[PDB]
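Here the structure comes first, spelled out in structure tokens, and everything after it is commentary.
The chain is numbered in sequence order, starting from 1. Whatever order the structure lists ligands and atoms in, that order sets their numbers, starting from 1.
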Amino acid sequence: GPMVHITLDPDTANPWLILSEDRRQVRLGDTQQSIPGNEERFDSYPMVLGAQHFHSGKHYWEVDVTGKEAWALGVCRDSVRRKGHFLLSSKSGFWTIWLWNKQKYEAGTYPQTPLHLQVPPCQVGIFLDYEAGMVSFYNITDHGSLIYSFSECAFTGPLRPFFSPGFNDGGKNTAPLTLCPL
Ligand SMILES: CC(=O)c1ccc2c(c1)N(CCCN(C)C)c1ccccc1S2
């Protein structure tokens, strides 16, 4: 079935992130870690990928976001640029939604799409359908209602799970993103 056990890829993790020993959780740090400047590491935002690669098929996983004032989740091409600033956009190889400022939910279309959520999600489900060209986001707290779906994605190559526990703000928002047991 589509449920997949995601683990986080340490080689991609921005130095402002702290990964748990089992690589199932990630949070913002108060200072940057001193770690290699390898080509796969996001250097400008607190972002990290899952280790898993998807070339085809249906895949599903869930993330706990309880109480966080900001986070971003989704899928991206493995080929996305890792160094420098960029637009989180489905024109740039990312299919993502996010929260910031405690109550501003947006989908990473270009331009961005505001999302009106009646129930703030505590857990989010991410469903990837490679052949259908779809990435769908579900509000587990609201009985699995649809938050947003990207369609007509027309994927090539491997895709990766994408995560951010927030941006750097002054040590705020330090609770982790946690991959839920499935
Ligand atoms: C849209 C875009 O390219 C974009 C690029 C990077 C980031 C981002 C938006 N925001 C949303 C804006 C935060 N700014 C205003 C500080 C975000 C949200 C949750 C977690 C991490 C991040 S960092």
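In the deposited model, most contacts to ligand 1 involve the chain that UniProt calls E3 ubiquitin-protein ligase TRIM21. The drug or drug candidate found at ligand 1 is acepromazine. Counting heavy atoms under 4.0 Å, the binding site of acepromazine comprises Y45, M47, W71, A72, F86, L87, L88, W98, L99, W100, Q112, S164, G166, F167.
Listed by number with element, the atoms of acepromazine under 4.0 Å from a non-hydrogen atom of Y45 are 6 (C). Distance from atom 21 (C) of acepromazine to its nearest protein heavy atom, with residue and atom name: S164 OG, 3.3 Å. The protein heavy atom nearest to atom 11 (C) of acepromazine is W98 NE1, 3.8 Å. Proximity to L87 (heavy-atom distance under 4.0 Å) selects the following atoms of acepromazine: 3 (O). Per the entry, the species of origin for chain A is Homo sapiens. Which parts of acepromazine touch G166 is read off a 4.0 Å heavy-atom cut-off, strictly below it: atoms 20 (C), 21 (C). Shortest contact from atom 17 (C) of acepromazine to any protein heavy atom: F167 CD2, 4.2 Å. Listed by number with element, the atoms of acepromazine under 4.0 Å from a non-hydrogen atom of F86 are 3 (O).
Acepromazine is contacted mostly by residues of chain A from UniProt domain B30.2/spry.
The shortest N or O to N or O distance between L88 and acepromazine is below 3.5 Å.
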